[PDB]
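The next PDB entry has BI 2536 among its components.
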Amino acid sequence: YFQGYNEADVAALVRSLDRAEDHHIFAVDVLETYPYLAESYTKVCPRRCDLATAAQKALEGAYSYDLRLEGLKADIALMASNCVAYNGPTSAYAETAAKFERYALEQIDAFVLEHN
Ligand SMILES: CC[C@@H]1C(=O)N(C)c2cnc(Nc3ccc(C(=O)NC4CCN(C)CC4)cc3OC)nc2N1C1CCCC1
């Protein structure tokens with residue numbers, strides 16, 4: 001009968017995943033920053049997410065009922081997967097994507113261990 005994680009705590013966890021080290025490229029929707037990529041980018045990435053959308057989702061209770069924040073991890077994995085796919089696995093920001101995902105997953109697992 002898990003009670004669920006506090007929405008504001010999950011939203012602050014999400015906000016903390018937006019790093020200057022990653023040049024803030026996961027902070028905002030890619031098509032909001034570059035509207036003319038819509039056709040080309042949606043062909044490679046039919047699903048998108050970003051940390052401003054994930055923070056707003058966290059405040060709606062989208063992730064609060066997952067015991068190990070599985071839904072948030074899938075949204076983080078989508079962000080990193082799209083970056084690797086669109087830019088290329090040997091691109092410089094595909095390495096940033098793998099580091100971001102690894103950092104984010106450690107911060108999520110730490111949150112779950114703290115709020116248990
Ligand atoms: C397909 C595009 C590709 C990609 O995959 N993603 C995800 C992407 C997402 N966002 C961006 N760019 C930025 C988007 C938002 C911000 C931003 O909002 N920063 C804030 C500004 C105000 N400040 C007080 C706080 C930080 C900065 C960005 O770049 C510096 N570029 C992206 N690239 C890059 C293209 C060349 C290789 C990577």
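Each residue takes its place number in the sequence, starting with 1. Read the numbers this way: they start at 1 and go in the same order the structure lists the ligands and their atoms. Values reported hereafter were calculated over all heavy atoms of this structure, with side chains retained and with hydrogens, waters and symmetry mates removed.
This structure shows the largest set of contacts to BI 2536 coming from the chain the PDB entry labels Uncharacterized protein.
The entry names the source of chain A as Leishmania donovani (strain BPK282A1). The distance from BI 2536 to the heavy atoms of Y86 drops below 4.0 Å at these ligand atoms: 1 (C). Here the protein heavy atom with the shortest distance to atom 30 (C) of BI 2536 is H23 O, 3.5 Å. Scanning all protein heavy atoms for the shortest distance to atom 14 (C) of BI 2536 gives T33 OG1, 3.8 Å.
Looking at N87 against BI 2536, only its side chain comes within 4.0 Å, counting heavy atoms. Summary of contacts: the protein heavy atom closest to atom 8 (C) of BI 2536 is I25 O, 3.6 Å. Counting only heavy atoms of the protein, atom 2 (C) of BI 2536 lies nearest to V30 CG1, 4.0 Å. In this structure, atom 21 (C) of BI 2536 has no protein heavy-atom contact shorter than 4.0 Å.
Protein heavy atoms are found less than 4.0 angstrom from atom 26 (C) of BI 2536. Atom 18 (O) of BI 2536 has its closest protein heavy atom at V28 CG2, 4.3 Å.
Between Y93 and BI 2536, no N or O atom pair is found at a separation short of 3.5 Å. For atom 36 (C) of BI 2536, no protein non-hydrogen atom is found at a distance below 4.0 Å. Looking only at heavy atoms of the protein, atom 19 (N) of BI 2536 is closest to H24 CB, 3.7 Å. Protein heavy atoms are absent from the space less than 4.0 angstrom from atom 33 (N) of BI 2536. For BI 2536, the residues with any heavy atom closer than 4.0 Å are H23, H24, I25, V30, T33, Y34, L37, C83, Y86, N87, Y93.
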